[PDB]
Amino acid sequence: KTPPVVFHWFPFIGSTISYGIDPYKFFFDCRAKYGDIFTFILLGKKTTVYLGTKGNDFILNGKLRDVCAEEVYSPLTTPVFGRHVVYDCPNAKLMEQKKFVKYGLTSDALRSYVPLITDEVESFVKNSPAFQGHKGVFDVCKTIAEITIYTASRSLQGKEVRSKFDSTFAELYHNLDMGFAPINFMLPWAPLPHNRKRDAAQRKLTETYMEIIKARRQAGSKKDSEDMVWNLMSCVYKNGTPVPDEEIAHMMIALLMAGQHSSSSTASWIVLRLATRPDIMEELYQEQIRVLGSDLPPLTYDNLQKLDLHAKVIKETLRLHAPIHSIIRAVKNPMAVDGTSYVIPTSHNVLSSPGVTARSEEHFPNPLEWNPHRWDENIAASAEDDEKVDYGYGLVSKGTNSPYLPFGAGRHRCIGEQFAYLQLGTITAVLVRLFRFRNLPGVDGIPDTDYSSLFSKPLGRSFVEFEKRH
Ligand code: HEM
Ligand SMILES: C[C@@H](c1ncncc1F)[C@](O)(Cn1cncn1)c1ccc(F)cc1F
């Protein structure tokens with residue numbers, strides 16, 4: 001049987017439609033019939049799925065030779081981010097690029113970001129049409145996407161980029177973002193207009209970033225703390241070569257896209273969940289009074305860390321809504337399941353879904369319930385029991401006895417996690433100070449999840465009520 005093949009009704013299209021609408025149900029159904037191993041092919045390819053912590057570990061801590069990350073994602077991502085970065089290079093190069101970024105994301109940089117982020121959010125609320133007036137409704141995703149783009153560009157991308165978003169960067173991003181179109185799952189190369197727009201934006205962004213850098217050199221200065229003034233200096237690879245401006249530009253673009261899509265989606269889910277749960281939001285608010293005090297002094301890198309429930313709300317949301325549902329590798333050499341008869345072959349993709357474990361009864365009783373309090377068992381912005389293996393950058397716990405891996409594990413694990421927590425936690429705390437949220441009358445629960453795009457996000461246009469506090 002090799003790995004059980006998934007009984008479907010058509011060639012090529014296979015089960016993909018089933019996948020596309022909802023993978024998790026799809027995976028679960030598959031699980032029920034076939035257990036922890038499946039095979040369905042989506043589009044062209046045979047994607048082999050290993051569920052379970054072991055399923056997770058196998059693929060995520062899979063051997064460098066045996067599974068390849070870039071061959072799967074490079075075409076799609078590479079046109080977008082640019083050449084030579086992320087997946088446009090051998091793994092070793094990737095590891096050094098992660099190193100530079102993680103280098104640029106130390107606590108003292110993180111500290112520097114918090115005031116900037118609180119400033120952008122507070123400025124947005126004051127100056128934006130979104131929250132004008134005491135009581136109102138607003139478009140969550142649109143509103144939240146703007147906030148995350150402002151907060152990340154000010155802190156991480158820096159002043160010039162932030163300034164640009166006022167002019168010309170908004171459209172560029174939107175155009176570039178078309179590179180993540182579902183047809184681009186198959187046809188990234190083809191010169192459809194949207195692809196031609198994508199290529200046009202990518203070039204233009206690169207020219208801009210490069211001019212920003214060159215201008216900095218021209219004055220040969222520094223001032224705080226963006227990954228930019230950081231990649232200028234964290235120039236050098238082991239070979240002794242400093243990172244070229246173009247690479248810096250393409251790295252920034254990658255970080256921009258990555259952070260924005262992940263942040264905006266997650267942040268959206270947080271606002272949506274909170275709207276459903278006025279009790280939690282008040283508790284969050286009550287936490288700030290209790291822990292920071294009645295005065296509600298300004299949020300800092302230090303005092304944020306006390307927001308245990310805020311931390312929990314993010315964790316709980318990540319558990320159910322994290323935008324990445326499927327992690328995929330290209331099988332380079334046939335691989336032996338430690339357990340079983342099945343052998344996984346080269347014509348195959350391997351797909352792991354930590355979200356599944358994430359929403360399993362064994363691992364999480366009543367998993368589908370969005371309850372932050374379930375975490376009263378533990379909290380880690382940084383986690384847990386397993387071994388730490390250093391690949392390049394730092395010392396990453398590939399640890400995989402954890403059912404909960406929103407940020408992945410092994411050599412491909414997120415280096416943006418701390419930043420993401422900082423950003424989300426900060427945005428959440430501010431909003432909680434400023435607002436109450438309710439559902440529109442007669443509206444219960446939350447919209448559905450749209451898995452059609454590479455990242456997943458709330459489906460429709462969802463409005464929710466906002467009430468201000470003073
Ligand atoms: C909630 C937000 C985020 C989530 C859920 C998230 C999730 C993940 C996941 C699951 C992976 C591993 C995927 C794989 O092995 O292919 C990953 C890797 C990564 N993430 Fe994130 N991420 C988030 C935010 C960010 C941010 C803000 C950045 C940049 C600032 C970032 C940059 C990266 C990078 C560079 C990798 C490396 C992937 C690789 O080496 O192949 N992420 N992220
Ligand atoms: C490849 C992509 C992905 N992988 C698997 N399933 C869905 C997906 F969107 C992703 O892992 C998403 N991601 C990672 N951190 C934030 N977002 C990724 C990683 C690094 C990056 F530089 C850009 C980027 F999109």
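For reference, positions follow the sequence shown, starting with 1. All ligand and atom numbering here is 1-based and tracks the order in the structure. Method of determination (from the header): X-ray crystallography, 2.5 Å. Heavy atoms only: backbone and side chains are in, while hydrogens, waters and symmetry mates are out.
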Can you identify the drug molecule modeled at ligand 2? voriconazole
So, counting contacts under 4.5 Å, which chain has the most with voriconazole? Name it the way the PDB entry does. 14-alpha sterol demethylase
Would a 4.0 Å cut-off, counted as strictly less than, catch a protein heavy atom around atom 23 (C) of voriconazole? yes
Can you list the voriconazole atoms lying under 4.0 Å from a non-hydrogen atom of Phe81? 23 (C)
Among all protein heavy atoms, pick out the one at the shortest distance from atom 25 (F) of voriconazole; state its residue, atom name and that distance to 0.1 Å. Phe455 CZ, 3.4 Å
Taking heavy atoms and a distance under 4.0 Å, where does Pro323 meet voriconazole: side chain, backbone, both or neither? neither
Counting heavy atoms only, which of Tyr73, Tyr87, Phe407 is nearest atom 20 (C) of voriconazole? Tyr87
Tell me which protein heavy atom sits closest to atom 10 (C) of voriconazole, plus the residue, atom name and distance to 0.1 Å. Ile324 CG1, 4.6 Å
So, for atom 12 (C) of voriconazole, does the protein have a heavy atom nearer than 4.0 Å? yes
Give me the nearest non-hydrogen protein atom to atom 9 (F) of voriconazole as residue plus atom name, then the distance to 0.1 Å. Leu454 CG, 2.9 Å
Among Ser353, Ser326, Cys414, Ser265, closest by any non-hydrogen atom to atom 15 (N) of voriconazole: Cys414
What residues contact voriconazole if the heavy-atom distance limit is 4.0 Å? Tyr73, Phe81, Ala258, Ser262, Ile324, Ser326, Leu454, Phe455
Output, or 'none' if empty, a list of voriconazole-protein atom pairs in which both atoms are N or O and the distance is under 3.5 Å, rounded to 0.1 Å.
{"from": "voriconazole", "atom 1": "4 (N)", "to": "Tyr73", "atom 2": "OH", "distance (Å)": "3.4"}
{"from": "voriconazole", "atom 1": "6 (N)", "to": "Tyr73", "atom 2": "OH", "distance (Å)": "3.4"}
{"from": "voriconazole", "atom 1": "6 (N)", "to": "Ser326", "atom 2": "O", "distance (Å)": "2.7"}

